[PDB]
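Note: structure shows imiquimod engaged with Ribosyldihydronicotinamide dehydrogenase [quinone].
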Amino acid sequence: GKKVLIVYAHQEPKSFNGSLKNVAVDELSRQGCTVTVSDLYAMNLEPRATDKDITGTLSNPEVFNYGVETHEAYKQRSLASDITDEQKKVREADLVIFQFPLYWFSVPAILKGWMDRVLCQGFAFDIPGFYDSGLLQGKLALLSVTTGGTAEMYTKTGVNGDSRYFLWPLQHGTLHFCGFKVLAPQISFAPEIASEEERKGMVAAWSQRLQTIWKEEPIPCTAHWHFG
Amino acid sequence: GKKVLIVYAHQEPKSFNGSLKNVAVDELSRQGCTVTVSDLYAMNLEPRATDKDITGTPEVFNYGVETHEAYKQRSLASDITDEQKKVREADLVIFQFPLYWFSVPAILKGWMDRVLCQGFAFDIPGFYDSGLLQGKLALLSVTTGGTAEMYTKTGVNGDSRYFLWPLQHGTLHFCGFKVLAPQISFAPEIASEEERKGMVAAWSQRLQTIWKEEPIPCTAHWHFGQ
Ligand SMILES: Cc1cc2nc3c(=O)[nH]c(=O)nc-3n(C[C@H](O)[C@H](O)[C@H](O)COP(=O)(O)OP(=O)(O)OC[C@H]3O[C@@H](n4cnc5c(N)ncnc54)[C@H](O)[C@@H]3O)c2cc1C
Ligand SMILES: Cc1cc2nc3c(=O)[nH]c(=O)nc-3n(C[C@H](O)[C@H](O)[C@H](O)COP(=O)(O)OP(=O)(O)OC[C@H]3O[C@@H](n4cnc5c(N)ncnc54)[C@H](O)[C@@H]3O)c2cc1C
Ligand SMILES: CC(C)Cn1cnc2c(N)nc3ccccc3c21
Ligand SMILES: CC(C)Cn1cnc2c(N)nc3ccccc3c21
Ligand SMILES: CC(C)Cn1cnc2c(N)nc3ccccc3c21
Ligand SMILES: CC(C)Cn1cnc2c(N)nc3ccccc3c21
Ligand SMILES: [Zn+2]
Ligand SMILES: [Zn+2]
């Protein structure tokens with residue numbers, strides 16, 4: 001009995017992203033997994049890191065330090081309920097899948113907000129407690145990303161660089177930092193440009209992958225993996 | 001007479017980020033430059049990319065498609081159109097922010113997602129050196145929790161150039177900006193009072209001659225070469 005959280009960042013449910021989210025729900029549900037989806041746009045998730053994230057009185061009201069205050073709030077159990085509700089879902093999940101379109105070589109801001117606000121000190125990492133000793137150690141994470149650019153554009157010799165280069169802040173700087181074991185990324189290249197049958201192939205490939213997701217070895221999340 | 005836009009993403013004005021923002025306003029103001037600051041948190045800037053960003057003039061909503069067409073029909077939300085005006089006027093755009101998860105805080109990511117729309121910041125074709133903001137300069141002034149030693153090839157975080165790539169190349173260069181070398185103020189929370197004043201003074205001092213700098217070559221070799 002494995003539990004999966006899908007953190008989904010797309011405005012349109014009929015989108016290619018929406019279709020990949022639905023494939024994941026359908027296939028993981030079919031296997032018997034416990035499935036939860038955080039539909040960020042539908043939730044209107046707050047993305048901004050503010051003092052509204054701590055309920056009640058701050059440790060230092062005169063000089064606001066987001067990091068210090070959220071860490072203390074986590075320990076005193078006074079974080080905002082949107083945050084705590086996402087932390088419960090992550091705590092319980094064996095696998096967290098992130099489903100998003102690539103925005104500026106990164107995640108859409110609503111998803112960046114999830115990362116900034118949910119993955120607080122005391123919950124996702126601590127001193128000590130980062131990289132392999134991160135507080136979410138043992139859990140799996142997978143980035144399922146769609147792009148505007150084609151696969152041939154995302155090469156070492158192409159204008160955009162290797163797709164692996166943009167993965168570094170997400171996979172290493174965020175997910176590994178918090179102790180996640182990172183499964184290989186699912187990159188669905190250029191669905192808007194691809195033919196209908198290429199798009200169906202990409203959907204079929206993700207469906208197929210999901211069938212054996214629990215047998216996968218994670219990647220070695222190193223500078224060498226990302227940059228060669 | 002040079003025009004500078006500072007896009008500033010910090011909650012507290014007494015922070016180390018607030019201090020670096022203030023030093024930039026003070027020094028550039030002293031020089032006689034025109035200075036505008038977009039204080040994103042104080043503005044409560046909308047970060048989310050939604051259909052509310054198109055203000056007038058379908059079945060399946062594609063943010064990229066609709067915002068591009070909206071930009072051409074002069075029908076983007078006023079927060080966007082106001083930021084675009086500031087960018088259009090600016091000779092230099094300084095981004096002042098603490099590093100959050102090897103990137104910009106979400107509020108600033110929202111500024112990038114929403115302000116730099118197709119037709120305004122780039123076209124296809126019309127990116128990288130053909131980007132629409134060609135002739136302008138951008139500079140990332142970034143603070144970290146991690147120490148400088150941590151941000152090396154043999155440190156736990158890897159080379160700082162590795163996190164700069166999506167921002168400097170993938171975003172700024174893509175829109176046609178020429179990128180001045182980043183100002184990275186490592187670990188002010190950990191530094192002594194003296195070391196901190198040093199880092200503030202180093203930014204102030206660099207700004208005195210910022211108009212004589214040449215931008216970096218925003219290439220893969222620059223970011224990954226060694
Ligand atoms: C602010 C911003 C920044 C961006 N930055 C970048 C960047 O840095 N790099 C980059 O490469 N790209 C970038 N993009 C482009 C973006 O990554 C793509 O537009 C996005 O990945 C497309 O995915 P989608 O789900 O929106 O596609 P959609 O437009 O929803 O889908 C494409 C097609 O697939 C169809 N479809 C849906 N479901 C199925 C199905 N089951 N079977 C077959 N077909 C189906 C849809 O009907 C549609 O015709 C950016 C876009 C924006 C708005
Ligand atoms: C969600 C989140 C994600 C993060 N992710 C990362 C990451 O991926 N990598 C990373 O390295 N770090 C990360 N951090 C840490 C973050 O980058 C640092 O906390 C931030 O950069 C420090 O800058 P600050 O302005 O907030 O420092 P402050 O705490 O404001 O400054 C430190 C000290 O300097 C003092 N000060 C202010 N002005 C002056 C002056 N003129 N002279 C002398 N002293 C002064 C202040 O009073 C304070 O005591 C993250 C933090 C958060 C909350
Ligand atoms: C919105 C899509 C129809 C295309 N698109 C939109 N924004 C962007 C962007 N920053 N980089 C790109 C790089 C290659 C191909 C497409 C895009 C792109
Ligand atoms: C006046 C105060 C309430 C804030 N403040 C304090 N010192 C300074 C300073 N050198 N430059 C600034 C530049 C812009 C805005 C505020 C300040 C500032
Ligand atoms: C230490 C120098 C920079 C002078 N200075 C001292 N305090 C201040 C201040 N609050 N605002 C300013 C605004 C513009 C230029 C200089 C200053 C300034
Ligand atoms: C080890 C800390 C002293 C600083 N640090 C170094 N790398 C990172 C990182 N990815 N996220 C953070 C989030 C909050 C606070 C510090 C960090 C951080
Ligand atoms: Zn790693
Ligand atoms: Zn570049």
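Throughout, protein chains are lettered first and strands after them, A, B, ... in sequence-line order, and every chain is numbered starting at 1. Because only heavy atoms are used, hydrogens play no part in the values below, and waters and symmetry mates are left out as well, while side chains stay in. All ligand and atom numbering here is 1-based and tracks the order in the structure.
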Exercise for the section: Specify every chain or ligand assigned to imiquimod. Expected result: ligands 3, 4, 5 and 6
Exercise for the section: Tell me the other chains with a heavy atom below 4.0 Å from any atom of imiquimod (ligand 4). Expected result: B
Practice task
Report the other ligands and ions found less than 4.0 Å from imiquimod (ligand 4).
Solution key: ligand 5 (imiquimod)
Handout entry: Protein heavy atom at shortest distance from atom 14 (C) of imiquimod (ligand 4)
Key = B:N22 OD1, 3.7 Å
Practice task
Go through imiquimod (ligand 4) atom by atom and flag the ones less than 4.0 Å from a non-hydrogen atom of B:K21.
Solution key: 15 (C)
Exercise for the section: Look at atom 3 (C) of imiquimod (ligand 4) and say whether a protein heavy atom is found at less than 4.0 angstrom from it. Expected result: no
Exercise for the section: Write out the residue and atom name of the closest protein heavy atom to atom 11 (N) of imiquimod (ligand 4), then the distance separating them to 0.1 Å. Expected result: B:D26 OD1, 2.7 Å
Practice task
Give, by chain and number, all residues and nucleotides of other chains with a heavy atom within 4.0 Å of imiquimod (ligand 4).
Solution key: B:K21, B:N22, B:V25, B:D26
